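Here's Sterol 14-alpha demethylase with VT-1161 bound to it.
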Amino acid sequence: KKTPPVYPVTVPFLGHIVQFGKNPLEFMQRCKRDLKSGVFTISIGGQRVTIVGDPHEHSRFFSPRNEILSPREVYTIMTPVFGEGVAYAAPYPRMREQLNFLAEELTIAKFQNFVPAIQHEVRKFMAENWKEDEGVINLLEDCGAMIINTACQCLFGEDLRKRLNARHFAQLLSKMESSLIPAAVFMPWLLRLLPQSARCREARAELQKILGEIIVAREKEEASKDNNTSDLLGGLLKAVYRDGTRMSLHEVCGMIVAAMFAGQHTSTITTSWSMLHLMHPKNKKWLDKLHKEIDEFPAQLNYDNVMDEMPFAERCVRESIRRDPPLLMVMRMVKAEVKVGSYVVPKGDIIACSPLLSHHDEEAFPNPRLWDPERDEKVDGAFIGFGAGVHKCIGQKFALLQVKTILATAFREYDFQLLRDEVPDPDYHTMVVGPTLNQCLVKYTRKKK
Ligand code: HEM
Ligand SMILES: O[C@@](Cn1cnnn1)(c1ccc(F)cc1F)C(F)(F)c1ccc(-c2ccc(OCC(F)(F)F)cc2)cn1
């Protein structure tokens, strides 16, 4: 009934906060290499943090119920973003229902309009921003704009996109977002109630009231039948809890924020990496192979084109998430003892499973730093870029749609070149990890026939 060994702590209260904050990949690896155990504990803020660094053992982390292993305590930090009693802040039965309602809004049934809607906004953005035959842009920054744009198009009804537009909205997000401090989960007391938080306060409330407005409007056009609007907001209003109740404005607001917040960063980063590797000259063959798959498409693309007819592109995307998972760490609060291989993990520990670590296990992913889209996880379940089990990603399919879609539209109507020797080094200093902002400059060369 014993622990994984604990890495030596040079200074107790810090634990390993420094070498962790500086390069968590190198660090966690060494812990692994020296400890010689995939599974090991580290001290951060004097907090037992046991990382599951063995691909075989993932099922352990993901399979267990929240009651046994709970996200909530860990993920409190979102609550201001999402709201009181929204998602994790909410009781698990409810949070589940909410997540489900959302998940339904993101099934492939809804996707019918999306590919065209997304392609439109990308072509808009390009023409307004890539006006010249050549030119230089920040790829991470542009992609960010393309994502929030194409998303709103995808999940926002006309009227809502009238009162509220993508660029502004992005601004609102970042405003609520700037509020976050990552340290906080492990040490939640730092969250107990913080300067811009008010902005998240105001950022959110502003949004909320806009909607509260929007709703009143759409209620009084059912009489007409004027529009049958089934955008994300639509669905959420038509949802009913089991107990027969409905979602209060706040919960609706929370769930839309959460939806948009997640995709925005995770997706824009994914897009960016993916393009980068492809652009790079070493990756010619892959770039060429990409083409062999999208050259023979009509300019206007449909659903069949993207899911069923771009297997490979999707490989590039997944490989990109494999090499540099946007979310380094997933976590639970061990609320009861759990077996993990030959070890046990004590109620009260903090238990994590790191895509970042796992994606660089050699058994599973030899030479991980190599971006090889045609590589296949050597150990089943190794890849966890979208997590697994109960709490696996719901946005996964929609995201793949957008990134895949964006890749096709951009590359089809453009070429590209990295303004550097080598693909950008990730920047581990952000809550969600993306390539380093300053190096994401590149030259766009238009194409013509
Ligand atoms: C590259 C794109 C994405 C990546 C890499 C990604 C990654 C992940 C990962 C690793 C998890 C596991 C969370 C955990 O175990 O703590 C997860 C969960 C989740 N993701 Fe994503 N995600 C992506 C896109 C999206 C998008 C676009 C949305 C919403 C639009 C979304 C919504 C969620 C939600 C709601 C969960 C919680 C699942 C649950 O707790 O049941 N994701 N995602
Ligand atoms: O899991 C998220 C993020 N996500 C997942 N897919 N897309 N986005 C999430 C959860 C539910 C949602 F509805 C929307 C979300 F975006 C989340 F809850 F907010 C979430 C939880 C924890 C973290 C997170 C936790 C700890 C972190 O520590 C940084 C470190 F790894 F230590 F370097 C960094 C990030 C990020 N996002």
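Sequence positions for chain A are given in the PDB entry numbering; the residues included correspond to 29-221, 223-478, in order. Ligands are counted one by one from 1 in listed order, and the atoms in each one are counted from 1 as well. When reading the values below, keep in mind they use all heavy atoms of this one structure, side chains included, and skip hydrogens, waters and symmetry mates. Determined via X-ray crystallography, 2.8 Å.
To find every copy of VT-1161, look at ligand 2. Heavy atoms within 4.0 Å of VT-1161 (ligand 2) belong to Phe48, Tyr103, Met106, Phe110, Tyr116, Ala287, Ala291, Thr295, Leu356, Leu357, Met358, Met360, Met460.
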